[PDB]
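The block underneath contains the structure these notes are about, expressed in structure tokens.
All chain A residue numbers match the PDB entry; in order, they span 173-204, 208-228, 234-441. Every number for a ligand or one of its atoms is a count from 1 in the order of the listing. Per deposition record, X-ray crystallography, 1.8 Å.
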Amino acid sequence: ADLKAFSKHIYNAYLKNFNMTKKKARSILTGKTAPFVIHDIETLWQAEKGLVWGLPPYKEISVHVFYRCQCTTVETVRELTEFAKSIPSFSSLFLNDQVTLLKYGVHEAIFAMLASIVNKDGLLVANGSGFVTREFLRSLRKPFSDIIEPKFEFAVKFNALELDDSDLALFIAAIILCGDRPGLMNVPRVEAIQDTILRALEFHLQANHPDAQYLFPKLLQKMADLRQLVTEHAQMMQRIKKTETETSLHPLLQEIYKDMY
Ligand SMILES: CC[C@@H](Oc1cccc(CN(CCCOc2ccc(OC)cc2)c2nc3ccccc3o2)c1)C(=O)O
Ligand SMILES: CCCCCCCCO[C@@H]1O[C@H](CO)[C@@H](O)[C@H](O)[C@H]1O
């Protein structure tokens, strides 16, 4: 009862704050308008010249994709921040504790939600109006071609669990409310909120996925998988900042990756 309403509150905060939902994504990816496919240089250009679509000064094809990728991340961080403010008691934390949770949590949540817009062949872009192929991303020059590929591997496995948006709302909330983030001041308070979230998640999963047996423990493992995925992503990003000294890294991403792990 308490948990059912708590889950509903989180769900509505999710629907309120995220422009792209899995319901919308799967509808686009299954055909019910069709996205413009971006599979090489020429189609990427066509996607820029109206159709589908501010950025740093143009450098090259691979850096351009890198820049558009960052812009989308920054926008999703804005959404996750507003979503977190609706998680009961998150706003009661001191401001720097809120930032600490978002700093170490947003990319874990981003990569979880990324699975919603992905299939084995590519992912939606531009609010679902475009589709960039996995192959085209593989064809970019290193190191940029190695950024997104490992996320496809996680996403395909994650999509096998067949979560819906109501499940994901609680899942993302549990990711953000994480008591072991470095520098967190009020660990007991954050652990207490997370426990409420996780209890609501188990209650919600058995009501929404009755025939799903080990779904809750599987999602706990997914949370651990996302932390290592992000650790390896932070390494790549920290490397690229050192290697690609002429490519711009958005200030928000610089701050997120600042001595992270
Ligand atoms: C770069 C540094 C960046 O790493 C990454 C690595 C992998 C994935 C992301 C986040 N992401 C980008 C998808 C593709 O992004 C494009 C965009 C345009 C394009 O070609 C024109 C090709 C790829 C995303 N979208 C979402 C939509 C809904 C929900 C969650 C979403 O998560 C960031 C970081 O560290 O933040
Ligand atoms: C309060 C606003 C936060 C941004 C402050 C400075 C923004 C500097 O410029 C940023 O560089 C990024 C590099 O990819 C671009 O992608 C961004 O679109 C651009 O705004």
What drug do the PDB records list at ligand 1? pemafibrate
Find the chain in most contact with pemafibrate and give its name from the PDB entry. Peroxisome proliferator-activated receptor delta
Please list the residues near pemafibrate, using 4.0 Å as the heavy-atom limit. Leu219, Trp228, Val245, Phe246, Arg248, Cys249, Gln250, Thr252, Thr253, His287, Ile290, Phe291, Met293, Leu294, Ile297, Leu303, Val305, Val312, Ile327, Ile328, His413, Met417, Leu433, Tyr437
Specify the protein heavy atom at minimum distance from atom 26 (C) of pemafibrate: its residue, its atom name, and the distance to 0.1 Å. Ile297 CD1, 3.5 Å
Quick test: of every protein heavy atom, which one is nearest to atom 13 (C) of pemafibrate, and how far off is it to 0.1 Å? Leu303 CD2, 3.7 Å
Looking only at protein heavy atoms, identify the closest one to atom 2 (C) of pemafibrate and say how far it is in Å. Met417 CE, 3.4 Å
So, is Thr253 polar-close to pemafibrate, with some N/O to N/O distance under 3.5 Å? yes
Atom 24 (C) of pemafibrate [closest protein heavy-atom partner, distance rounded to 0.1 Å]: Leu294 CD1, 3.9 Å
Short N or O distance, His413 and pemafibrate, threshold 3.5 Å exclusive: yes
Among protein heavy atoms, which lies nearest atom 21 (C) of pemafibrate, and at what distance? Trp228 CH2, 3.3 Å
In terms of atom number and element, which parts of pemafibrate are under 4.0 angstrom from non-hydrogen atoms of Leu219? 21 (C)
To check your reading of the model: name the closest protein heavy atom to atom 22 (C) of pemafibrate, its residue, and the distance in Å. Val245 CG1, 3.4 Å
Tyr437 to pemafibrate: N or O pair under 3.5 Å? yes
When you compare pemafibrate with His287, is there at least one nitrogen or oxygen pair between them that comes in under 3.5 angstrom? yes
Looking at chain A, which UniProt domain houses most residues near pemafibrate? NR LBD
Atom indices of pemafibrate within 4.0 angstrom of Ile327 heavy atoms, with elements: 4 (O), 6 (C)
Find all atoms of pemafibrate within a distance of less than 4.0 Å from any non-hydrogen atom belonging to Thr252, and give their numbers and elements. 25 (N)
Closest non-hydrogen protein atom to atom 15 (O) of pemafibrate, residue and atom name please, with distance? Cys249 SG, 3.7 Å
How close does the nearest protein non-hydrogen atom get to atom 32 (O) of pemafibrate, and which residue and atom is it? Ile290 CG2, 3.4 Å
